[PDB]
Undergrad: 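Let me give you the structure first, and then I'll get to my questions.
In order, the residues displayed for chain A correspond to 332-648, 668-800, 827-1273 in the PDB entry numbering, which applies throughout. Each ligand, and each atom within it, is numbered from 1 in the order the structure gives. These values consider heavy atoms only, across backbone and side chains, with no hydrogens, waters or symmetry-generated copies.
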Amino acid sequence: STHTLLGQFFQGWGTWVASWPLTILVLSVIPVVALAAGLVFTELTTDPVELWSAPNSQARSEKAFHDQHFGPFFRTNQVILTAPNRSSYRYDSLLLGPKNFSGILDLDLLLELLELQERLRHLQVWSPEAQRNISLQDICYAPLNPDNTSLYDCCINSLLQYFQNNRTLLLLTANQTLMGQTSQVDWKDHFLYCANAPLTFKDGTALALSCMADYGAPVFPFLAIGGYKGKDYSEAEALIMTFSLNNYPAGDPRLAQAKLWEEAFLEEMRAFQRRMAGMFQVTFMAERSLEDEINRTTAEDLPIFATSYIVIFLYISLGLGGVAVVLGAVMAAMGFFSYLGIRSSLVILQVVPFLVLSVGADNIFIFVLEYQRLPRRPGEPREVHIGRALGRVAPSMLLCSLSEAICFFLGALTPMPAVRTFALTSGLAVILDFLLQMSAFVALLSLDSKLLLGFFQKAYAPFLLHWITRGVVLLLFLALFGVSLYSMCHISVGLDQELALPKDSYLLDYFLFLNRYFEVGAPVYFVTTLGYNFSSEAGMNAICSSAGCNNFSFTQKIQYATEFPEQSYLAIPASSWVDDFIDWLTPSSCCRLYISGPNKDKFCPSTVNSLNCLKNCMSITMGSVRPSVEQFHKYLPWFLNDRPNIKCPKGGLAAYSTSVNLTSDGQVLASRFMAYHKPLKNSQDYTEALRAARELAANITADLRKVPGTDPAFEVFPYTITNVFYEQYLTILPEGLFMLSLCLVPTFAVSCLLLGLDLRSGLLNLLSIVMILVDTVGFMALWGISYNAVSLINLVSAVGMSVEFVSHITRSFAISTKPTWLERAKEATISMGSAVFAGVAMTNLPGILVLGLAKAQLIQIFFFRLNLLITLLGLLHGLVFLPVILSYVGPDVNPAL
Ligand SMILES: *[C@@H]1O[C@H](CO)[C@@H](O[C@@H]2O[C@H](CO)[C@@H](O)[C@H](O[C@@H]3O[C@H](CO)[C@@H](O)[C@H](O)[C@H]3NC(C)=O)[C@H]2NC(C)=O)[C@H](O)[C@H]1NC(C)=O
Ligand SMILES: *[C@@H]1O[C@H](CO)[C@@H](O[C@@H]2O[C@H](CO)[C@@H](O)[C@H](O[C@@H]3O[C@H](CO)[C@@H](O)[C@H](O)[C@H]3NC(C)=O)[C@H]2NC(C)=O)[C@H](O)[C@H]1NC(C)=O
Ligand SMILES: *[C@@H]1O[C@H](CO)[C@@H](O[C@@H]2O[C@H](CO)[C@@H](O[C@@H]3O[C@H](CO)[C@@H](O)[C@H](O)[C@H]3NC(C)=O)[C@H](O)[C@H]2NC(C)=O)[C@H](O)[C@H]1NC(C)=O
Ligand SMILES: *[C@@H]1O[C@H](CO)[C@@H](O[C@@H]2O[C@H](CO)[C@@H](O[C@@H]3O[C@H](CO)[C@@H](O)[C@H](O)[C@H]3NC(C)=O)[C@H](O)[C@H]2NC(C)=O)[C@H](O)[C@H]1NC(C)=O
Ligand SMILES: O=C1[C@H](CC[C@H](O)c2ccc(F)cc2)[C@@H](c2ccc(O)cc2)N1c1ccc(F)cc1
Ligand SMILES: *[C@@H]1O[C@H](CO)[C@@H](O)[C@H](O[C@@H]2O[C@H](CO)[C@@H](O)[C@H](O)[C@H]2NC(C)=O)[C@H]1NC(C)=O
Ligand SMILES: CC(C)CCC[C@@H](C)[C@H]1CC[C@H]2[C@@H]3CC=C4C[C@@H](O)CC[C@]4(C)[C@H]3CC[C@]12C
Ligand SMILES: CC(C)CCC[C@@H](C)[C@H]1CC[C@H]2[C@@H]3CC=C4C[C@@H](O)CC[C@]4(C)[C@H]3CC[C@]12C
Ligand SMILES: CC(C)CCC[C@@H](C)[C@H]1CC[C@H]2[C@@H]3CC=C4C[C@@H](O)CC[C@]4(C)[C@H]3CC[C@]12C
Ligand SMILES: CC(C)CCC[C@@H](C)[C@H]1CC[C@H]2[C@@H]3CC=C4C[C@@H](O)CC[C@]4(C)[C@H]3CC[C@]12C
Ligand SMILES: *[C@@H]1O[C@H](CO)[C@@H](O)[C@H](O)[C@H]1NC(C)=O
Ligand SMILES: *[C@@H]1O[C@H](CO)[C@@H](O)[C@H](O)[C@H]1NC(C)=O
Ligand SMILES: *[C@@H]1O[C@H](CO)[C@@H](O)[C@H](O)[C@H]1NC(C)=O
Ligand SMILES: *[C@@H]1O[C@H](CO)[C@@H](O)[C@H](O)[C@H]1NC(C)=O
Ligand SMILES: *[C@@H]1O[C@H](CO)[C@@H](O)[C@H](O)[C@H]1NC(C)=O
């Protein structure tokens, strides 16, 4: 008899608390201030976007490997222009004939872009470190000269670097004759040539200009122009400007002083946008922007949510004290984790009370209603009266605040750190609410000494409980179940990137141009783990692509997967370094040795010419030349220090200077192979591209481990900058369904174990909760709400919350001792359904009056838009179905003396 013992215990507890209310109130209000001091002490928040990745997941372990061996990924800042007013026209270029250009490639706009680019290059900002005024050379990603980066060696990708940013070279007209000349060649004839082959040093036109940038590296067309899918390289609808800044770990001061340059870059481009509006639509984005704009919306709406926990006060209209009790409990639970050490963000800190308070106030309302509705046996004071009232309401009030702490704690197994912190914070707020609304609230309820609901509940009852009503409500809700369980399959898993922003930020314009005008997605690298030999003649051929090497190979596998971009999510070949290194070892003035030079007997660089150096590295021509082992360690570092000029453009440190990590002897440890994704638009494309690249990587490693000298536990994994975000969605269906399905067991095993309910009433309770979950999943899929990590903690919270909808109804039916089932549930409805309705409306009205006007996309889609569905879909299953279903398959009469 576990139910009877709890009532006796809580009745004696309530009588003693009524006896000593002042002392219990002071001694239970004093241990809240100590826990609340943890908030004011530090409460360290987590600003950046590394609160959305599992700290030991495989996708972040690969990032920790790559970041260690090759340095971190470069931060990118972009500007897109896309002039829409001008008209496409015609140009009869002498080489390729007719070409019908677009309006953005007119010469009147390129100069105006150049005067913005060369002024963004010379930008200086004052830092918190007051000594040094920061230039761009300190924090720029220079792939050719990192030792002392001059200001002209920083990576500034744009179309203007086909002319090396030279104004006079851009304004150049040259006579050229093929005997049918009829014109002079202008800059566009040179741009059309450089688009086809970016590696050329001497242009094939009459005017000669290299297609290489100011820093000695080629610039590809997809990094410069976009929106050119048909009619290639002629009808670009948008220019592109890109600045690359090298990234550091979070503790380094250079990252602190490189986020201050991007702020001035944004504040200068925002002035550039309004300086000209009749000829451009410039949209920009810095890497600082996204992680410091989703915090702005959350930090600009705390006063607009302060009406939430004051509109909690007005709906009860002894009530101020209860809301103060729940707010103190939630604040203490919020501040307790600072002592243990948990870096929670302000976004987590803003929505915790507005989901715990909606469950913490209903128990107060139920207790005060049962205290003010009791028969009030005379001959005894209130000191036993409140204990007598609390004895038969304590266990039912204990189920609904213990079947939510269990649900929230069980829901804290999600991979995301911030969702885990939100679950852990609200899992202890409610459990520190139930312990503090009897040790403090009962003292106030004894210390206070010094309608119409039951009107129309008895008219709402004849609307139900009749065969007109009891035979249509059942099949209608079963049809709702039948439509929801087949609409569940249309649900879409994945969280879009644009839902973190408001409806008015410039990043929405940037993403709308990025999804529509780019032609290559983010780059990806096929990293090679430690172990591969890379030296044997039978070792290079498995990673080769040309001149005698094998039929199928790694850099041949990537190129073959490029040709079906719809299935494999790649759009550019691999560009391996062994393929370029074998080309560089070909003779004729690339790799040469001094013969009679005692002082420089090893290397003759390409730029030096004389009659001294004449011997080649590779000895004699032969079919499919490949170096020996001893010729590898000599000749590989030299290839990583030969800048490409026009005497040997075969390769060098232009693109491979940080793609191989040499040891202290000459055995390579790891490598990278850079290939570009196809244009990825929504969040169902990122995860699918991740899976379709990872399976290709596993195919490559399974093919590559067959060589003789290799080592097992050697895998070639893919890595891109956003792999650490969308890696969870491969495995959120099995780990999401399992967490929900295991979450019903501790509620079913306790709701039928606390208050009667042997099998049938608890079974109907489980049927109601499963119906609520399937209906809310179907309506969530039908609205457009996604199914991600942040939209699963809400469903777990609804599973915890629905015990409110059902437990009091099944309680009042079980205690009912009236004769027939046709009217036995009427007393239970009139007794408890009104109180449950008031409790549900207690979350319904403040659940809509604040979170529906949040102005953030995250709160407006995942907390107002979804909690409203659960709240007004649990009313229909708790006030229209459950009493009706209990009148047909309801248990027989319990005496229950
Ligand atoms: C870092 O930033 C500081 C401040 O912008 C900059 O100092 C600049 O020095 C030059 C040369 O003096 C000027 O642009 C200017 O210094 C003087 O400023 C006064 C007050 O407006 C002017 O009346 C003077 O014309 C001018 N110098 C003289 C006497 O001709 C100052 N910046 C401004 C415009 O206030 C540094 O150059 C930057 N980098 C560092 C630390 O070198
Ligand atoms: C990568 O793969 C190469 C080729 O298989 C391998 O080179 C091998 O090194 C071992 C250890 O020194 C050598 O034993 C082996 O052949 C040796 O080559 C010298 C050259 O003058 C001969 O004089 C030796 O007799 C002979 N073996 C000895 C030392 O007695 C050599 N393979 C050949 C035939 O070139 C590398 O070790 C592999 N590297 C890694 C990272 O495992
Ligand atoms: C090519 O590979 C090299 C070897 O893996 C890299 O050099 C390694 O850089 C690591 C940091 O990126 C270092 O790790 C830190 O080393 C210090 C000194 O021993 C330790 O105290 C730290 O615990 C450790 N990690 C930190 C910072 O917590 C390695 O020490 C260092 N070499 C090794 C493995 O000993 C190169 O960075 C990489 N490419 C180049 C040349 O940049
Ligand atoms: C943008 O393009 C300009 C045009 O190419 C560059 O200016 C050119 O620089 C060349 C190298 O200094 C000049 O050659 C020199 O010209 C002078 C004066 O005519 C002669 O005395 C020299 O003999 C000759 N060089 C040598 C070493 O013999 C070109 O004359 C000059 N272009 C013209 C026609 O004015 C700019 O340098 C370039 N901008 C940048 C950033 O470099
Ligand atoms: O920042 C952030 C968001 C998480 C912040 C925090 O973890 C949270 C959120 C809600 C809670 F209840 C409790 C904690 C998240 C994001 C979440 C919802 C969205 O509609 C959009 C983005 N994202 C992101 C950022 C970049 C990106 F590439 C993909 C996603
Ligand atoms: C290209 O063609 C010839 C090749 O020598 C060259 O003379 C042109 O320059 C002259 O410019 C004149 C003024 O625009 C033009 O009318 C004339 O056709 C042309 N030379 C003559 C007399 O035929 C070169 N074109 C230009 C405009 O520089
Ligand atoms: C003569 C007797 C009654 C004196 C001893 C009374 C002791 C056992 C009582 C009096 C007040 C009580 C406290 C009142 C309030 C709280 C806050 C609650 O969140 C945890 C328990 C805690 C901290 C209680 C612990 C037990 C307590 C200290
Ligand atoms: C070193 C720095 C970060 C220390 C300063 C930490 C600051 C930002 C902390 C300390 C106390 C915090 C407050 C503590 C309590 C609450 C109530 C909660 O319902 C909303 C957030 C709010 C209002 C917090 C906002 C952030 C806050 C002001
Ligand atoms: C790096 C170190 C310091 C991290 C320590 C934090 C982690 C590992 C541990 C330390 C103490 C732990 C807490 C101890 C007690 C409780 C109360 C329980 O009802 C729910 C879990 C909860 C809230 C634990 C959560 C995990 C926790 C916060
Ligand atoms: C073509 C697409 C984009 C049109 C979408 C129209 C939107 C506004 C529609 C589609 C589905 C609709 C929902 C369908 C079901 C319910 C349950 C009901 O108890 C409250 C209203 C609510 C929650 C609806 C609100 C409006 C709604 C969200
Ligand atoms: C393409 O070129 C032809 C001939 O110059 C021209 O008539 C046509 O208008 C051009 N294309 C577009 C989209 O206008
Ligand atoms: C600055 O750059 C030049 C470029 O050659 C280099 O020689 C010099 O060593 C660098 N300065 C220092 C102090 O290293
Ligand atoms: C130029 O383009 C802007 C932006 O679309 C537009 O508002 C403006 O009317 C255009 N002006 C003209 C007439 O070219
Ligand atoms: C595959 O290798 C065989 C044997 O070297 C060769 O005959 C064949 O041409 C290669 N495959 C293709 C598609 O050429
Ligand atoms: C690579 O891919 C194809 C199709 O996925 C697969 O059938 C084949 O077995 C894989 N190659 C290897 C070496 O297993």
Undergrad: For ligand 5 in this structure, which bound macromolecule has the most atom pairs within 4.5 Å, going by the PDB entry?
TA: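 Greatest contact count: NPC1-like intracellular cholesterol transporter 1.
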Undergrad: Which of dovitinib, trandolaprilat, fevipiprant, devazepide, ezetimibe is the molecule at ligand 5?
TA: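 The one at ligand 5 is ezetimibe.
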Undergrad: Look up the source organism of chain A in the entry and report it.
TA: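 The deposit names Homo sapiens.
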